[PDB]
Asks: 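I have a structure I would like to understand better, so I am pasting it below and will then ask my questions one at a time.
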Amino acid sequence: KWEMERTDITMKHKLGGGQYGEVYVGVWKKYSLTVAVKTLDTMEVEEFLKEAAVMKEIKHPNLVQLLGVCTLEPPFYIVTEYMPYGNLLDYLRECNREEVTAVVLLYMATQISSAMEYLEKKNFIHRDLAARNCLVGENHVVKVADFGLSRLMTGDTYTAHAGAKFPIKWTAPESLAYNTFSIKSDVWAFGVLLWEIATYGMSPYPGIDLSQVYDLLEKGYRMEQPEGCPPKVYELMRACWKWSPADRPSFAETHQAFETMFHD
Ligand SMILES: Cc1cc(Nc2cc(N3CCN(C)CC3)nc(Sc3ccc(NC(=O)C4CC4)cc3)n2)[nH]n1
Ligand SMILES: [Cl-]
Ligand code: NA
Ligand code: NA
């Protein structure tokens, strides 16, 4: 149903400086439409198709939309709607802060909590929430992307395979310690994502030794409040980093808090 004919797309240039896979900007000739195209021998086919598959099952204004697949023969294609301003981390880092103000940061957070409220409702789990995995478009629209590790959950947790390796700065302690992933682990990451946004794209736990992060977190260390970050947003941010997953807010609560702030 989603399959398309590779001949349809014209591939113009490579897109990402090598950081996101083999992704090129594409022009769908017959529909006159700019699109992105992720392509894959690179023994990662199993996991590419898994990705192509999950994007068929989800649809939200703040999640990057699949337009079509070529997954009948190689090279395999993933054709998504094109976000002309790229990933959020570099956007924040390169933006004009007179244009991207505190209001715009709040808007970006609200839109992401929207995407995550929807996955939470769908009992899906993203597993790689971070500014580098969000994309920016016209009028400061932000959309969550990169669903390679995403899953529909059979119950309330998913256990990663032995020896899986994770981005530690974004990973919840129970995920580091017990390979346990849940919507509450996605909430932990969201918090770190909020800190990335608050700081216009700074690196979390700057200059800390990764092998000390768990240790520090268990002893209670958490990242300090960024300058300009409002107290309510910092309180919410800290809520996402509660040790016990149960004590963390839901994505519904979080989104309610930002929609309210976005008004007041
Ligand atoms: C998916 C997507 C990506 C985009 N747009 C862009 C745009 C972009 N830019 C490069 C630098 N200029 C200055 C800004 C635009 N760099 C990337 S880098 C990039 C490429 C691919 C993916 N992810 C996927 O293709 C998989 C999830 C389907 C993420 C980031 N993606 N539109 N839609
Ligand atoms: Cl790339
Ligand atoms: Na961590
Ligand atoms: Na905390």
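In order, the residues displayed for chain A correspond to 280-319, 322-545 in the PDB entry numbering, which applies throughout. Note that these values count all heavy atoms, side chains included, but never hydrogens, waters or copies made by symmetry. How was it done? The header gives X-ray crystallography, 2.8 Å. One-based numbering, in listed order, for ligands and for the atoms of each.
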Asks: From tozasertib, delavirdine, tolvaptan, can you tell which is the drug at ligand 1?
Replies: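 The answer is tozasertib.
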Asks: Which chain contacts tozasertib the most here, in the terms used by UniProt?
Replies: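 The largest contact partner is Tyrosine-protein kinase ABL2.
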Asks: Which UniProt domain of chain A holds most of the residues in contact with tozasertib?
Replies: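 That would be the UniProt domain Protein kinase.
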Asks: Using a cut-off of 4.0 Å, enumerate the other ligands and ions near tozasertib.
Replies: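 That comes to none.
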Asks: Nearest UniProt active-site residue of chain A to tozasertib, heavy-atom distance to 1 Å.
Replies: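 In chain A, the nearest UniProt active-site residue by heavy atoms is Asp409, 10 Å.
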Asks: I need the residues around tozasertib for a figure - heavy-atom cut-off 4.0 Å, please.
Replies: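 By heavy-atom distance, those residues are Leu294, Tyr299, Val302, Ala315, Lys317, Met336, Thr361, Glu362, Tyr363, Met364, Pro365, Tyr366, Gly367, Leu416, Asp427.
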